[PDB]
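Structure note - lisinopril present.
Chain A is numbered as in the PDB entry; the shown residues are, in order, 23-620. How was it done? The header gives X-ray crystallography, 2.4 Å. One-based numbering, in listed order, for ligands and for the atoms of each. Heavy atoms only: backbone and side chains are in, while hydrogens, waters and symmetry mates are out.
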Amino acid sequence: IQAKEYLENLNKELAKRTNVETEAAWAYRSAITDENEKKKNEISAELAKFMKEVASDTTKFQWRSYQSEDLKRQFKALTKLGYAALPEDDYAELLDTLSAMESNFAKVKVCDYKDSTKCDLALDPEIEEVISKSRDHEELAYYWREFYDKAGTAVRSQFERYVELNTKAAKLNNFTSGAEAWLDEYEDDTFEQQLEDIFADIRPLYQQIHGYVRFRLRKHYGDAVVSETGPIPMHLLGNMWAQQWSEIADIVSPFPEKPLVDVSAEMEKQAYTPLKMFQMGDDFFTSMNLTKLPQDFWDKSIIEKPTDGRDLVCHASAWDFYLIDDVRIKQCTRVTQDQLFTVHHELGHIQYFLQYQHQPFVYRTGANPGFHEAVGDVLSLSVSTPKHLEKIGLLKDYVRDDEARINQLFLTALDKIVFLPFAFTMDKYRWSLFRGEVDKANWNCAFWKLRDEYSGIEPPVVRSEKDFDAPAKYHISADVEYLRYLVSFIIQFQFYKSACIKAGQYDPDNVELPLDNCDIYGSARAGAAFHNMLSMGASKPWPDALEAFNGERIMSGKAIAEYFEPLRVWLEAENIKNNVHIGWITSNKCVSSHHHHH
Ligand SMILES: NCCCC[C@H](N[C@@H](CCc1ccccc1)C(=O)O)C(=O)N1CCC[C@H]1C(=O)O
Ligand SMILES: [Zn+2]
């Protein structure tokens, strides 16, 4: 019989209902109040009962033996209930503990290091800036310690129950654990291994940047502060989680005498505003013959941090309201080059939303979570080039010297290469818990051992099992899968490469057309490729989505390693010239307490 008419009717209802849920999520995350929190979970609780009642109905349609796979694809997807398979009482408890962590993160406030009276500094503006600009290791340590104790430790109790409920939910859906459930999204039983193999290929490059960065830092801060052969004291890497290091390029760049693209100052001196930044982002898409931002976006978006004393979630993000043209971004944008990249990242999501809007609700998601994260990043790569920045005047006079090209690749290596192992550990960590591989008594050290093992990083001060630091990372507190970023930083270079080729910007043989300098801005053929891929929205496993883009069907590293190659050959030489130590001994930062008072 035909369940097609059923599915059509059902997706349309699910969209209407998710719209209602989305609005409540938006209100809460825009104005954090007990009331909004209540409505928010209330809606989710209702939708969850509807899904259960829709899961039992599908028992009617024996799709597991159907003809036209597309219907059979929708059923497998719709019946795959997530946390919703959970029984009422548990689901409600999960919503709560989830809310407890989320709100806990966003409400973090710490006292200023030079004024124990202020105590109103939050992560997004204040503390985020201190870690970026300060060069007083003791001050950076202060802020690190203060932030981790509030954002991480204070929520160990909820996190643990979250893990328990997450595991219970997974088994109810026939998954081994929440770990395999997340991996299910990549529809490939060998995905983790593929990721393990690509990382293995790039790791050597990662261990020519690490030692080099540890070199300068120790030269700058001094021996007693940064030891050779030991893991780098995170907090001197310009980022609260040390996931990206470009922020300290001023004390760590190859040629400090040569220019270092820092468009922040020009943006500021030029009167740039968040609105202007979003409009630039918008222009990039249309210039590629891609979709212009709809009217609801400008009316309903929050592109600047509210001026009142209300609490909200300001971790940039993009929203699909599941209607037609109702898409919005919420970002506490600031005028800086990094924020400018972020603006493009989020629009990547928005574009993807519009591109697949016409698809059945179930297919209104990205093909593979990684694809959703890579769109915006592909434009950001173009925007970051000296070529495009000179064209828009945010780089008055610049010369491609040669030993200046290194300041661009290496600068990019502090964001794209350094990130890979960081992103991998975020989920390898949560996987090991989801899978009952770690003892509760070793939860906080299992984390740092992993940060140590893969990133060669360690906390600025000694932590014990008494502390619990994983929640200090937004995504851990908000229950947002992280592997998606690791796939993105990999596949985005594949997208970028091809796009640049489809444009007349990249030629492997011709110089003056290097990969690290193509702009693709204004490219209709690149936009066309993007359109073919994006419009499919999960209607097919990701290899077909990629194939729609450039005819390829495999995830690989035939891009980054072809992007950063000149950088990589420059390091191996420079490191030997300065006799730079490569590799590091195991960290001694995780223990189980010690005091000097009695
Ligand atoms: N310093 C601001 C960073 C930009 C914010 C961005 N936000 C995330 C938010 C995802 C999300 C939000 C709400 C519900 C469900 C999912 C994003 O990918 O857009 C992000 O987290 N990103 C962007 C790149 C990497 C990753 C990160 O920083 O770990
Ligand atoms: Zn994103």
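Lab note - all copies counted, lisinopril located at ligand 1. By contact count, the main macromolecule holding lisinopril (ligand 1) here is known in the PDB entry as angiotensin converting enzyme.
Given atom 24 (C) of lisinopril (ligand 1), the protein heavy atom at minimum distance is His367 CE1, 4.3 Å. Below 3.5 Å of separation, one finds no N or O of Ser339 facing any N or O of lisinopril (ligand 1). Lisinopril (ligand 1) places these atoms under 4.0 Å from at least one heavy atom of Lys495: 27 (C), 28 (O), 29 (O). In terms of polar-atom proximity, defined here as any N/O pair under 3.5 Å, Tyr496 makes no such contact with lisinopril (ligand 1).
Taking 4.0 Å as the cut-off, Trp263 does not count as a neighbour of lisinopril (ligand 1) on heavy-atom distance.
Residue contacts with lisinopril (ligand 1) leave out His394, since none of its heavy atoms falls under 4.0 Å from the ligand. Closer than 4.0 Å to atom 12 (C) of lisinopril (ligand 1) lies at least one heavy atom of the protein. Most residues of chain A that touch lisinopril (ligand 1) lie in the UniProt domain Peptidase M2.
Protein heavy atom in closest approach to atom 1 (N) of lisinopril (ligand 1): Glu150 OE2, 4.3 Å.
Put simply, part of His497 is less than 4.0 Å from lisinopril (ligand 1), judged by heavy atoms. Distance screen at 4.0 Å: atom 20 (C) of lisinopril (ligand 1) has a protein heavy-atom neighbour inside the cut-off. The closest approach between a heavy atom of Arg51 and any atom of lisinopril (ligand 1) is below 4.0 Å. By number and name, the other ligands or ions lying nearer than 4.0 Å to lisinopril (ligand 1) are ligand 2 (zinc ion). The protein heavy-atom contact nearest to atom 4 (C) of lisinopril (ligand 1) is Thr364 CG2, 3.9 Å. Closest protein heavy atom to atom 9 (C) of lisinopril (ligand 1): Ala338 O, 3.6 Å. Nearest to atom 16 (C) of lisinopril (ligand 1) among the protein's heavy atoms is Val502 CG2, 3.8 Å. At the shortest separation from atom 27 (C) of lisinopril (ligand 1) among protein heavy atoms lies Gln265 NE2, 3.3 Å. Atom 5 (C) of lisinopril (ligand 1) has as its closest protein heavy atom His337 NE2, 3.5 Å. At the heavy-atom level, UniProt-annotated Zn(2+) binders of chain A within 4.0 Å of lisinopril (ligand 1) are as follows: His367, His371, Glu395. Residue contact check for lisinopril (ligand 1): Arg506 places no non-hydrogen atom closer than 4.0 Å to it. Considering backbone and side-chain N/O of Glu395, one or more are found under 3.5 Å from N/O of lisinopril (ligand 1). By chain and number, the binding site of lisinopril (ligand 1) at a non-hydrogen cut-off of 4.0 Å is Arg51, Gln265, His337, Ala338, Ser339, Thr364, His367, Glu368, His371, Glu395, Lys495, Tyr496, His497, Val502, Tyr504, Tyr507.
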